[PDB]
Protein chains: 2
Amino acid sequence: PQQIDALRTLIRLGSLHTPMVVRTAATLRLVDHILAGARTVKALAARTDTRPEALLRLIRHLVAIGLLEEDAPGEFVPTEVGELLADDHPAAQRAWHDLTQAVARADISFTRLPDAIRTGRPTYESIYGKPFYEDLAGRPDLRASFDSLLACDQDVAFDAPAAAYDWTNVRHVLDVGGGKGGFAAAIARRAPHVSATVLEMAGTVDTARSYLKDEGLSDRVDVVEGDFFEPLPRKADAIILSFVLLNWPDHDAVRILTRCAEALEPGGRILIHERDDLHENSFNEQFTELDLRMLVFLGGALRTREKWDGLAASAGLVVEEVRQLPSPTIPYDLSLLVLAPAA
Amino acid sequence: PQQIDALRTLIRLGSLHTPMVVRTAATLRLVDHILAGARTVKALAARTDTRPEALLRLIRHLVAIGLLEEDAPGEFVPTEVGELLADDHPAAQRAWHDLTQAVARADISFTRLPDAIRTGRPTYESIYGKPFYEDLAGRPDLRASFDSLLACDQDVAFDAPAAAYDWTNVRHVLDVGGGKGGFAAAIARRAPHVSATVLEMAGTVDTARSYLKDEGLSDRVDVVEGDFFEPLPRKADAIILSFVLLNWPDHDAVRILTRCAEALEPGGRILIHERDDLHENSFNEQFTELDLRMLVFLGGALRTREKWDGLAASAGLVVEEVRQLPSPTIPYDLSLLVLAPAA
Ligand SMILES: Nc1ncnc2c1ncn2[C@@H]1O[C@H](CSCC[C@H](N)C(=O)O)[C@@H](O)[C@H]1O
Ligand SMILES: Nc1ncnc2c1ncn2[C@@H]1O[C@H](CSCC[C@H](N)C(=O)O)[C@@H](O)[C@H]1O
Ligand SMILES: Cc1cc(=O)oc2cc(O)ccc12
Ligand SMILES: Cc1cc(=O)oc2cc(O)ccc12
């Protein structure tokens, strides 16, 4: 028959057990345990304290989808795909699929995706009892997990956007929602004359300060606890919004942008580090995974290039320049948008 | 880079939003509405009462994964894969992905798959408040949805297993857990001398009786409400277990098989309609989807050919014959296992 391939494709795409099998394997650290020598069901069950027959049934699906393969009778090893769940693999896919860590936990919000399409509003609170950042505020362990997921490569992940801007006429930088300070730190190393301030929430400010202390940068990058919907704590020649605005619906993103514009020194610029696909180029899996996560986690949104033009104008700004940022590590297209005050 | 394809494969397999996007589209009947003429976001939002920008964001992922394509600017149509979500397509994939119907609703149990691997026990009750069949018993609408999902092709789905057995020396058939009576009805049509009894739960017995009345078979197939862990209501030359034993862990499946053996007339046989892959042949997506659903819904299990040999022996039975059943419609390998009393 001719629709057999189509039927197989639809069933795979619609399968909820397959991603949960991947995330279960990640959460149980199965691939790590296999690499450390536990190749049989009976050894792996003892290492994970799972029930042996139930673990075999999980492993069977892991083989079926090509993450594991049966080497010898009853002995399993990771494939090239499965090896990506090793804890120290540079793409960090084990942690990003670990159900006890903040993002895969938040992905359970997708079980109520019909509600989010009807309302345009997040479903996270309906599952976990508080909106996303309030939940993180009440669970410092999840706050720390989220911060480390985003900041994993922060020793070098922010080098490209910091190198993509000319800091010669910048004296003070304000990184609004600046995470653990990785972006501020990368700017400080590249532009030694610059002083920087990180504005962040409780909890995150402490690991930011602690990170900057380890880096020897406390004298050049300070950390302020605060709320970026309130007046910003100081003015700056460059104000950074790195993976901030996508957390927020249009009206909140305009309020944040407005606060930033109000805090700009003369000649200053606002720097947005995010995606900016043209609408025509946005029908791709990288854009939609992040965009739909922002919907169900937060009620935020990724913005196409067209929408950035509109959002800037609403905040009194113009898009002066968009710099494409190289990710020759793993292809994830990101941009640095440079916004200036409108005429 | 060389691990780009591997990384892409892992991320797709681990994506929870993609199957929820498919199920959301199925639940909103999006493909039906498109085929009826609503091709734009603005028309489809009004037909589904969703928020237009949020619906566009869903559609974007549906295009990205190849269920929809943008025909004209802002107009979307289903692909060959997407057309399978039309409500009347014979593979019934819309209903099987509809979150308001019993199976896709039960698939939310997979969000707690780590618990099921640790315990070997279902997670359905922890989500919905009662174990699977008790939940169906308290929600007659879900009971009816489940019964119709399984019985969809019952006018012809049971023709092959009914044709695969020689009914010449059978006088009475008992179909234990016989659903809406489709299998009993197919036997009655092929073997007019046979009389049959369907044993089923509350609710299901009424739609079974109603189905058999529509078929003109009330005089030949009767329906008894009861519990197949209790003594069976009568003896039979052939006792049918069609998609029953996989609902149950080994010790419960032995109890059901034992009840059946105790009710067999001399010379009688027990007929099992299920999968029976050799363990070596079971590392495939058809086996694992059903097997893992039985785990999280019910604590049941699919049994490999080796396990059937063991289960039969535990119940005092031998596997006399296994007949492979043709499904040239869509390839789903099923078998008819014929069990006889052990020597
Ligand atoms: N009202 C608020 N005031 C200040 N910071 C906030 C805030 N709401 C959210 N945030 C911060 O916004 C950040 C978005 S995550 C991005 C972190 C970092 N800029 C990076 O690129 O990786 C979070 O760290 C969160 O703590
Ligand atoms: N304790 C019990 N006693 C009798 N029937 C039961 C039962 N527990 C579950 N069942 C029935 O077992 C059936 C399994 S579903 C299979 C239905 C049908 N034989 C078919 O092949 O499609 C359900 O219809 C359910 O109502
Ligand atoms: C880059 C990226 C990918 C993703 O899948 O989820 C995210 C969530 C965030 O809060 C910030 C960034 C990302
Ligand atoms: C044949 C089949 C496929 C599936 O995916 O789920 C099922 C669930 C049941 O209770 C009975 C049969 C099936």
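All chains are named by letter (A, B, ...) in the order of the sequence lines, taking the proteins before the strands, and each is independently numbered beginning at 1. Numbering of ligands and ligand atoms starts at 1, following listing order. Quick note: numbers below take in every heavy atom, side chains included, and nothing from hydrogens, waters or symmetry partners.
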field: Name in UniProt of chain in most contact with ligand 4
entry: Carminomycin 4-O-methyltransferase DnrK
message: I keep wondering what the drug at ligand 4 is called.
response: 4-methylumbelliferone
query: Are any other chains within heavy-atom reach of 4-methylumbelliferone (ligand 4) at under 4.0 Å, and if so which?
result: B
field: Contacts of 4-methylumbelliferone (ligand 4) at 4.0 Å, non-hydrogen
entry: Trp96(B), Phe146(B), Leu150(B), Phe243(B), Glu289(B), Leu290(B), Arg293(B), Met294(B), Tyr332(B)
message: Show me which atoms of 4-methylumbelliferone (ligand 4) lie under 4.0 Å from any heavy atom of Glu289(B).
response: 5 (O)
Interfacing atoms of 4-methylumbelliferone (ligand 4) (cut-off 4.0 Å, heavy-atom, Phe146(B)): 10 (O)
message: So for 4-methylumbelliferone (ligand 4), is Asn247(B) a polar contact partner (N or O within less than 3.5 Å, distance only)?
response: no
field: Nearest non-hydrogen protein atom, atom 9 (C) of 4-methylumbelliferone (ligand 4)
entry: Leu150(B) CD2, 3.9 Å
- prompt: What is the nearest protein non-hydrogen atom to atom 5 (O) of 4-methylumbelliferone (ligand 4), stated with its residue, atom name and distance?
  reply: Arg293(B) NH1, 2.7 Å
- request: Can you pull out the closest protein heavy atom to atom 7 (C) of 4-methylumbelliferone (ligand 4)? Residue, atom name and distance to 0.1 Å, please.
  value: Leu290(B) CD1, 3.3 Å
Organism, chain B, PDB record: Streptomyces peucetius
Atom 12 (C) of 4-methylumbelliferone (ligand 4): the protein heavy-atom neighbour that sits closest, reported with distance to 0.1 Å: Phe243(B) CD2, 3.6 Å
query: Which residues carry both labels: UniProt substrate-binding in chain B, and heavy atom within 4.0 Å of 4-methylumbelliferone (ligand 4)?
result: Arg293(B)
field: Nearest non-hydrogen protein atom, atom 3 (C) of 4-methylumbelliferone (ligand 4)
entry: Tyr332(B) OH, 3.9 Å
Distances only, to 0.1 Å: what are the N or O pairs between 4-methylumbelliferone (ligand 4) and the protein that fall under 3.5 Å?
residue: 4-methylumbelliferone (ligand 4); atom: 5 (O); partner: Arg293(B); partner atom: NH1; Å: 2.7

